[PDB]
Visitor: 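Quick one: structure with meropenem (closed form).
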Amino acid sequence: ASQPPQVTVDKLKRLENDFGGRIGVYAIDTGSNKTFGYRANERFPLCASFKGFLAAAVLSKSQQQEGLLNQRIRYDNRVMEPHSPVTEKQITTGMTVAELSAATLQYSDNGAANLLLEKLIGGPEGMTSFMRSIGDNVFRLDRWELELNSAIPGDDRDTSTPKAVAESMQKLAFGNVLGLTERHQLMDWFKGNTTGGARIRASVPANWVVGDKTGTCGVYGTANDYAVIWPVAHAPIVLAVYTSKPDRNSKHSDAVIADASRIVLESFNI
Ligand SMILES: C[C@@H](O)[C@H]1C(=O)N2C(C(=O)O)=C(S[C@@H]3CN[C@H](C(=O)N(C)C)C3)[C@H](C)[C@H]12
Ligand code: NA
Ligand code: NA
Ligand code: NA
Ligand code: NA
Ligand code: NA
Ligand code: NA
Ligand code: NA
């Protein structure tokens, strides 16, 4: 009952040619275990999309350290990175670990990302080792915000693949690597993301529920989104959509990500 894979490939290749870049995807029907990929094992820059996994790493650490989420972090006289919309307002109050995690995921807050990487997760190396610990042998985070966003073609630093991103999202959302409380909290955070309205969310009927995390490097036409999608009375779908363009000075396209997502989701004939 699903569409032939080549039909879906054919559609994505036409979309790619109109876009003038590369589109990589991977999707998993968590109920049938049917999958679809296109450029699924090619590396793409993560950009901010790692922050959803950073929030998961924090939750995994809290599952072993009672009360970690409520711990208050203060950062008086810290130089805050560009795009710190939540953390720049909370210097006087500080923020809890839960609030930092929610901010980094839902607002892409860089101050929050680097605070959590410095104080809780152990830097890019620690982020990568969390992903290794869940069986993701592909992901790599090498640099801190914002240097990780350079998106240079051929540079494998700060990259993953659509398949690895989708597989890791599936494990975290639905597998055994996080406890029930932690899963539920992670899903709530993804559902409340604020930066994805023009991407995967724009590809689905408005009564479907979506949790997602975006990435927008700001160079080389490079942008992405990954998500859990809950269609009406169907098993959730996990989807990753990554894009890049060869020229440094091109812009990314939200619409191309939404259109790619629609093509892939339609292929499951839900
Ligand atoms: C500087 C890097 O950290 C960038 C990165 O990646 N982030 C994202 C994103 O997560 O999409 C964005 S998209 C930006 C966030 N706020 C805007 C937004 O939410 N909307 C809905 C337009 C656009 C930044 C450019 C940031
Ligand atoms: Na058709
Ligand atoms: Na990269
Ligand atoms: Na917890
Ligand atoms: Na928050
Ligand atoms: Na940069
Ligand atoms: Na490239
Ligand atoms: Na476009």
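Residues: numbered from 1 along the sequence shown. Atoms within a ligand are numbered from 1 in the order they appear, just like the ligands themselves. Scope of the values below: all heavy atoms of this structure, side chains included, with no hydrogens, waters or symmetry mates. Looking at the header, which is where the method is noted, we find X-ray crystallography, 1.1 Å.
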Visitor: Where exactly can meropenem (closed form) be seen in this structure?
Guide: ligand 1
Visitor: Can you peek at the structure and tell me the main thing meropenem (closed form) is bound to, named as in the PDB entry?
Guide: Carbapenem-hydrolizing beta-lactamase SFC-1
Visitor: Find all atoms of meropenem (closed form) within a distance of less than 4.0 Å from any non-hydrogen atom belonging to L146, and give their numbers and elements.
Guide: 1 (C)
Visitor: Under 4.0 Å from atom 5 (C) of meropenem (closed form), can you find at least one protein heavy atom?
Guide: yes
Visitor: Give the residue, atom name and distance (to 0.1 Å) of the protein heavy atom nearest atom 16 (N) of meropenem (closed form).
Guide: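 Heavy-atom neighbour on the protein nearest atom 16 (N) of meropenem (closed form): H83 CE1, 3.8 Å.
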Visitor: Among all the protein's non-hydrogen atoms, which is closest to atom 3 (O) of meropenem (closed form), and how far away is it?
Guide: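 Going atom by atom, the protein heavy atom closest to atom 3 (O) of meropenem (closed form) ends up being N110 ND2, 2.9 Å.
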Visitor: So which heavy atom in the protein is nearest atom 10 (O) of meropenem (closed form), and how far is it from that ligand atom?
Guide: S108 OG, 2.8 Å
Visitor: Looking at atom 13 (S) of meropenem (closed form), is any protein heavy atom nearer than 4.0 Å to it?
Guide: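 Flag for atom 13 (S) of meropenem (closed form) set to true, protein heavy atom closer than 4.0 Å.
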Visitor: Counting non-hydrogen protein atoms only, what is the nearest one to atom 21 (C) of meropenem (closed form)? Give residue, atom name and distance.
Guide: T194 O, 3.9 Å
Visitor: Atoms of meropenem (closed form) less than 4.0 Å from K213 heavy atoms?
Guide: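 Atoms satisfying the 4.0 Å criterion: 10 (O).
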Visitor: Which of the numbered atoms in meropenem (closed form) are under 4.0 angstrom from any heavy atom belonging to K51?
Guide: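 It comes down to these atoms of meropenem (closed form): 3 (O).
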Visitor: When you measure from atom 9 (C) of meropenem (closed form) to every protein heavy atom, which one gives the shortest distance, and what is it?
Guide: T214 OG1, 3.3 Å
Visitor: Is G218 close enough to touch meropenem (closed form)? Criterion: a residue heavy atom under 4.0 Å from a ligand atom.
Guide: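 Per 4.0 Å heavy-atom rule, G218 does not contact meropenem (closed form).
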Visitor: Can you name the atoms of meropenem (closed form), numbered from 1 with element, that are less than 4.0 Å from a heavy atom of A48?
Guide: 5 (C), 6 (O), 7 (N), 10 (O)
Visitor: Which residue and atom name correspond to the protein heavy atom nearest atom 25 (C) of meropenem (closed form), and how close is it?
Guide: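 That would be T216 O, 3.9 Å.
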Visitor: Which residues from the surrounding chains have any heavy atom less than 4.0 Å away from meropenem (closed form)?
Guide: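 The site of meropenem (closed form), heavy atoms only, is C47, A48, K51, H83, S108, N110, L146, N149, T194, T195, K213, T214, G215, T216.
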